[PDB]
Amino acid sequence: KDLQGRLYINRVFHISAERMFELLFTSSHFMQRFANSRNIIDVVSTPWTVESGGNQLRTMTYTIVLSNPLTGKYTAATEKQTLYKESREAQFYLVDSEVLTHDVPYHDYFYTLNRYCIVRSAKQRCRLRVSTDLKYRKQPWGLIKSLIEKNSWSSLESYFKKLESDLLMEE
Ligand SMILES: O=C1[C@H](CC[C@H](O)c2ccc(F)cc2)[C@@H](c2ccc(O)cc2)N1c1ccc(F)cc1
Ligand SMILES: [Cl-]
């Protein structure tokens, strides 16, 4: 069930699956601190809502303060998060997060699909797996694809390394 693009986190935490979900997918103190650390500002979120089909939905908007000047100073972003009912019936959590940016060069060419899988382990532990696909909306001819990929893979590498490290402090 991993996405084939890249596997960024695959780690067993001394955190229960439900508390993992709470830390990452609610307006938790953890995500307030993490947002500050990552220079993510002006966060607006919904709660989780429940669809007739049983999946749950959550959306967010926020601004990213960017570090590479060629990507701009800031970009607005929108996220759509889906929690799959089938995963919950199987006693785990599978969330697909789709992330779109609005201001970076070539913003209209791509979006990011991040898949978060939280599986129960003995003794109030869980395994968190996070994998990512870069998805194209327009054909990224030539240097376009090279620049999108180089910038994205490096930024996400940093982001998820810090997420894993900061989650360890919540054990
Ligand atoms: O994936 C992800 C990151 C998720 C963000 C997270 O959902 C969060 C955290 C705290 C909040 F309060 C609110 C939302 C985000 C990202 C943001 C900043 C970064 O320096 C790197 C990646 N991104 C991304 C993906 C594609 C892209 F084109 C630009 C950014
Ligand atoms: Cl469960």
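Starting from 1, each residue takes its place in the sequence as its number. Start at 1 and go down the list; that is how both ligands and their atoms are numbered.
Of the candidates samuraciclib, lumateperone, balovaptan, ezetimibe, dinaciclib, what sits at ligand 1 is ezetimibe. Ranked by contacts, the chain bound most extensively to ezetimibe (ligand 1) is, in the PDB entry, Protein Aster-C.
The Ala35 neighbourhood of ezetimibe (ligand 1) comprises atoms 10 (C), 11 (C), 12 (F), with distances under 4.0 Å to a heavy atom of that residue. Each of the atoms 8 (C), 9 (C), 10 (C), 11 (C) of ezetimibe (ligand 1) lies under 4.0 Å from some heavy atom of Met31. Lab note: contacts of chain A with ezetimibe (ligand 1) map mostly to UniProt domain VASt. Close N/O approach between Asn114 and ezetimibe (ligand 1) is found [any backbone or side-chain N/O within under 3.5 Å].
Ligand-side atoms of ezetimibe (ligand 1) in range of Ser155: 21 (C), range being under 4.0 angstrom from any heavy atom.
For ezetimibe (ligand 1), no covalent anchor to a chain is modeled. Under a 4.0 Å criterion applied to the non-hydrogen atoms of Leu156, ezetimibe (ligand 1) contributes the atoms 1 (O), 2 (C). Checking distances below 4.0 Å from ezetimibe (ligand 1) gives no other ligands or ions. The shortest N or O to N or O distance between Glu79 and ezetimibe (ligand 1) is under 3.5 Å. In this structure, residues within 4.0 Å of ezetimibe (ligand 1) (heavy atoms) are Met31, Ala35, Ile40, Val43, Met60, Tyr62, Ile64, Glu79, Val99, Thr101, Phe110, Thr112, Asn114, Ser155, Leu156, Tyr159.
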